[PDB]
Novice: 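A structure from the PDB, with forodesine included.
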Amino acid sequence: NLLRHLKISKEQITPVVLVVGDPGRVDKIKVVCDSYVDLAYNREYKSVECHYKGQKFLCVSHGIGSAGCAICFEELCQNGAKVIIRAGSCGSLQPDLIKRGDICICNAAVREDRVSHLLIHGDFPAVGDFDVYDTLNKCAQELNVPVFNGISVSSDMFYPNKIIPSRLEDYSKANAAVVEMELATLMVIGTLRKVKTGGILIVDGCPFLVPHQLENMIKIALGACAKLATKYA
Amino acid sequence: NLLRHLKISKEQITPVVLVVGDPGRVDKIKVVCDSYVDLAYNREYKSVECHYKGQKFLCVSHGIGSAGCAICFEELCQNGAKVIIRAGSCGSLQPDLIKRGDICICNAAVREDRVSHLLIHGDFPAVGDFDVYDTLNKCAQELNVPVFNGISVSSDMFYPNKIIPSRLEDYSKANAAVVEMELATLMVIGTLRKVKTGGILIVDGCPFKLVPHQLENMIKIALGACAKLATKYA
Amino acid sequence: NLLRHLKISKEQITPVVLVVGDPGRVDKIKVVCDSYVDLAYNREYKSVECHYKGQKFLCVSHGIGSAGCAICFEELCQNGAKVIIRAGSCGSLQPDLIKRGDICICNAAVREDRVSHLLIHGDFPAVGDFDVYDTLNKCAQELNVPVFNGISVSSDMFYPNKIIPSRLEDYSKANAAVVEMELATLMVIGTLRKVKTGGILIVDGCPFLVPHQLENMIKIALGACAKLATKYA
Amino acid sequence: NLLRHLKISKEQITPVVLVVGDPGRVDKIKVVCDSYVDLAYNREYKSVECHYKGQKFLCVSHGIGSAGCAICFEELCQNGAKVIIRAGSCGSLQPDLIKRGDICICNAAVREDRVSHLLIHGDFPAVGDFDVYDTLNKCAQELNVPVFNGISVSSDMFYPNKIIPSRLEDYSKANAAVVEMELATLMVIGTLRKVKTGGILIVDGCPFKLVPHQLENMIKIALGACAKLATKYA
Amino acid sequence: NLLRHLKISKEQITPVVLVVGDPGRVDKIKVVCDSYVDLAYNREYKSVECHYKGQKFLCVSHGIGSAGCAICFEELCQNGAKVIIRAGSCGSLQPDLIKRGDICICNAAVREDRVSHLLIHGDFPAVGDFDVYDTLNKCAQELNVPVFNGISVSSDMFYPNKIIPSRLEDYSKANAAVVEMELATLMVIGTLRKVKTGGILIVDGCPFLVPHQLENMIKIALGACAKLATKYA
Amino acid sequence: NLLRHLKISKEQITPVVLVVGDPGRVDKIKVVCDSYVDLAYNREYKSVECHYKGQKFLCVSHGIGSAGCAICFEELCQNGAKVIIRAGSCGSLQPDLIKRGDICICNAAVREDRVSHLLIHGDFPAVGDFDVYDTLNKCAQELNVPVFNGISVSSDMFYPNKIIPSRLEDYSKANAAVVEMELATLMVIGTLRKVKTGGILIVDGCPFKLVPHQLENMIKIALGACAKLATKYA
Ligand SMILES: O=c1[nH]cnc2c([C@@H]3N[C@H](CO)[C@@H](O)[C@H]3O)c[nH]c12
Ligand SMILES: O=c1[nH]cnc2c([C@@H]3N[C@H](CO)[C@@H](O)[C@H]3O)c[nH]c12
Ligand SMILES: O=c1[nH]cnc2c([C@@H]3N[C@H](CO)[C@@H](O)[C@H]3O)c[nH]c12
Ligand SMILES: O=c1[nH]cnc2c([C@@H]3N[C@H](CO)[C@@H](O)[C@H]3O)c[nH]c12
Ligand SMILES: O=c1[nH]cnc2c([C@@H]3N[C@H](CO)[C@@H](O)[C@H]3O)c[nH]c12
Ligand SMILES: O=c1[nH]cnc2c([C@@H]3N[C@H](CO)[C@@H](O)[C@H]3O)c[nH]c12
């Protein structure tokens, strides 16, 4: 009995899920786990079950964009997911400090989408679970990988025009660290459906992927998923 | 030197483009053509040059959702596309009149997204080009396929909640025909970058509570229109 | 039994109606038809029945402004009108291309009013019926009159101040052709009440009437009304 | 050299102006005066110089609706008017207390228009000048005409629909007295251009569900106030 | 039986109430009346009953800020207050004309708060009662004290940042006289609960207290309260 | 040279500040410390330097409400504060789970104010610093005090009306724990001025329909956290 977009079953959904933008990235992640079980591939949603450090968790892709990743997150949350960690890339809003290849672990986001607003009034915060943020940070410490922490702007516009000015400059003076396209949506949906969420991002651009740094980030994401998967096993 | 997301080059972009959501649909479309050439497949964006009735145009996937599809449309418009037609599925907002399997060709859309709003004020209409619309309707007549016309609601929310009421009921009473997730964004981006746009949709569901020959028909109409439109660019 | 503002009866309303801003313009239009029947004149609303090319249709005035023309359109739509075509003047938002005296046939509009927003959420498009737009364009071809096509900004402000900046510059970079004060309102009301609407405008100003060009525009409007009136006779 | 819409010249504008919606009302008002002079009639704008109690002031029509009347008010304010009083009709939002034929003199209005918002932020109040208000009320006392005071809702929507609920019910509970279509716009334009404004209204209807002597009385009060106010401009 | 924040009883509330920002100011006001009766002091809300010119009225403090003064005004209005006059300080938005120490009597305000908007749609005017404004002005005439009249901007921001621009410049070109932080809130709450309100302010700053001028302002406020208290005695 | 409202000087501001609403609460807190020094009392702002566990930090009152408390937070942040913890009371929005007397330590807030919006766009989150949050939670563990975590609604409206429905019901369904009037403003101001913030609240009421030892416990936790945090500033 299958989920409309993900095309996996309720009983295939693990408590912990690592989510990812590029479907290609699922393939490159499962290959560094102890083993894996391919589950489904429909549209941009590729589902693979990972086995790492004695634990098991899904890794699922959602494509680019809040509306498309919302479908993913809703299907996960309405069907037994308890923890969802986003691993992806972003641009830097503090180019003096946060540089290409740097890793950012985020605790909150700017809701520059539409879905979240159709779900709850705009005054509501897009904010992550602390345990998840704490686990991610602690893993980065163990693995001896320096990270930044901060707020991400989650904006549905990648390409600005010359008519309405972009708000990236504002949000950067407001001390937002980075910009991507999915994190706020995950956070709001998670809060609404009692799922614990978090975000780890690698800087790939300076709108204002370094091979070994990407490998570190993935180690952190996977470690954190395994650490949190323990509490549910 | 390649487009950041689509991973094709400016020269590979034909004047007319057919756009679809599901990357799987690109492969089902290309075999209905006379011949084709695979160009690229990056993330949710699969690119293929189609050859139909002596004409040559791309077919490109954009995934689900306004933000993800805006990246596709922008890369296309900034690099030479002149006509972009969306072909996809949708839900009925008129379940007494418009039923699972029916085809709707839309002239305008409700902007229930965000990208379009980060680009111009919300008071600005999401409209399609009337030639594209007219071409689509005329193909539907030549191929003897009955077809609805109307307005689509393009909403970023597929799965509603119990706190903020959905606006579908509202837009239904306002005579919006049909609901999906991409058309408004296409239209506004097309208008701002001087690209003619249009959309054709097959009803796959009824959110109030795919037919193979009808899907085949819709693809036929879409491909027919693309060819007719490619004709006027030598 | 009379309509509250128009002061005509249900049975006096024809399927096709040409609407116009200046009440004076009704008088100048009826005089170039084959014959006419004056119906009423209340406030700014002058109603005259026209007979042209074997067809009959109302021609009605509504004054300047969205709130006042809404009353007109609502009384028409709630009482049997099936097609309403707006004929009027506008300013140009592309002064290099669209010049004083030029004719523009419009398919959609910017909803810079209030009525439409009190009727339906702002995300809803103000857009015309294609058959109407097609008929208008085809008439312009027959009569050998070159026209432009495009989006009109319908704005309730004619006179800007120096505090809030006008959006005309924005909407012009957005590729809007022209600016007037009624078209979006007609379009939204029409869509809401299953009436087919359209707009033909003559450029009279460059905010950013050429005697023979006005005569052409009126020929087009009247031809189009007669062509569409046929389908209902 | 004439005003674009009103078709009168700057010199023809008197310090005090009486404004009305119906162009037909201008003609009914001028004959109640001592004498008058027709000035112009263009579109919905009819202009007449009135002479009442040794005083001289214009009476001008503006049609229905905020956008159409804003053009009138702006042309007047930009060219020398100092006081503008609106006299017109309205509906009751307090049908137990305020009944068909009653007269209301309003100090402030709800801005349910658009023009005012394209001119300043919505947080800005639509208020009248208190002298004008006071003069109107004092005339009502001298002429022994009972009168209500309160806030008017100025709404661009006369004919509501079944999709977006009207806000009249709301504003009624908020103690707004009365409803019409022009006052808010007058007030805001007056405030921005340093012109003193006021309004007096006769109730012609009850949108929840014209009395000749009451209308005569209201016009008397309006003309009385205009004369008293024209007095202080030599 | 006591009010939740003010900690006074229904029967202690007089028909007329003078309200004030600084709790310290209550102490300095009661001392220039004929006599007084201290009632309560809870949080920032100090309540004292004043006896002046044969009349009696409360004088109550509410602190700085719309949210905090709303609590005060609601407790007063829901418990028998009929007239509430605000006496306080403000900055000047017309620095050429309205100078430090000048007195302004206000009839309306810009609703740059949140409470009023949670109570009623933003299109609703924040406007005072005329009798109150008239009384205040007439007292200023008797006492031979020159005053200004105008609209006050009531804004919840005292300290602007460099990201979103302040609207004070706009509201000043719009001909607003002064800026403070409570008046619009009083006016809206008053209108909603059939209480007559008014405002008298002394200019203390030029964001864009003169000892004898403050004394004048207080004389005016007190006179006006006594004059209005008569109608209810 | 003194701060305009707080009436203390830049040098008197310690890196860590404890903030409370009720000026009366400052006096009840200082006596629970090892020693203290009164600094100032102006309007609703009472300032006192506290000494607890060898550490030194201010305690300052800010009255009720976002606008009044923003003045306090801004004066503190502009003049050297590094950590600001809010300790106060609140209502339950989860009355089956969170009961009168329970303590909630909040990580984030709903921005139902205005100040925060005049400072940055509403899409920006009101979040606390996670160290502050973590410190507070750890103190609660050391002192063996059970404690809730969650999101607070910070609303400028204490007394709702019958015209515009309150949004508490909504935010409750959205899993907001608790409701008060200051936290969102603190958080946003902290984020914009690079100051770490947090909040701890005791439930005093149930707006759907103070326990002394629980209040004592909450103050203990707050003071404990302040000391632990002051430690890292020599
Ligand atoms: O500089 C950027 N701006 C906006 N999005 C992204 C991204 C992420 N990558 C995808 C689009 O490039 C999308 O998933 C977004 O979240 C990386 N860098 C940037
Ligand atoms: O009933 C519907 N609601 C919203 N979207 C869709 C669609 C289309 N399919 C995809 C998601 O189901 C998306 O691209 C959307 O445009 C088909 N039916 C519906
Ligand atoms: O340049 C213009 N700006 C705004 N409206 C108009 C108009 C039209 N004429 C009337 C006001 O001048 C009104 O009906 C509007 O629709 C002509 N030119 C312009
Ligand atoms: O009940 C009413 N609702 C809205 N407007 C009006 C009016 C006035 N009459 C005109 C339209 O009926 C218009 O100028 C408006 O201001 C009288 N009664 C009502
Ligand atoms: O220049 C000013 N701007 C904003 N508020 C005030 C005030 C008033 N004083 C208090 C804050 O300084 C507050 O009650 C506000 O209403 C005096 N001057 C100004
Ligand atoms: O149930 C409540 N709603 C709103 N505020 C509060 C408070 C706090 N107490 C003060 C007002 O009662 C204010 O500072 C607010 O933050 C306790 N309980 C509630």
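Proteins get letters first, then strands, A, B, ... in listed order; numbering begins at 1 in each. As the structure lists them, so they are numbered: ligands from 1, and atoms in each ligand from 1. When the header is checked for method, it gives X-ray crystallography, 2.8 Å.
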Novice: Could you peek at this structure and say which chain has the most contacts with forodesine (ligand 1)? A name from the PDB entry would do.
Specialist: Uridine phosphorylase, putative
Novice: Going by heavy atoms only, which other chains approach forodesine (ligand 1) to less than 4.0 Å?
Specialist: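 Within the heavy-atom cut-off of 4.0 Å: A, B.
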Novice: I'd love to know the binding site of forodesine (ligand 1) - heavy atoms within 4.0 Å, chain and number please.
Specialist: A:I64, A:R86, A:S89, A:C90, A:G91, A:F158, A:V179, A:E180, A:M181, A:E182, A:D204, A:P207, B:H5
Novice: Which UniProt active-site residue of chain A is in closest heavy-atom proximity to forodesine (ligand 1), and what distance, to 1 Å, separates them?
Specialist: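 Nearest UniProt active-site residue and heavy-atom distance: A:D204, 3 Å.
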Novice: Of the residues in chain A that UniProt says bind phosphate, which ones have a non-hydrogen atom under 4.0 Å from forodesine (ligand 1)?
Specialist: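 Among UniProt's phosphate binders, a heavy atom under 4.0 Å is found in A:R86, A:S89.
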Novice: Considering only heavy atoms, which residues of chain A annotated by UniProt as purine D-ribonucleoside-binding lie under 4.0 Å from forodesine (ligand 1)?
Specialist: A:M181, A:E182
Novice: Give, by number and name, the other ligands and ions lying under 4.0 Å from forodesine (ligand 1).
Specialist: none
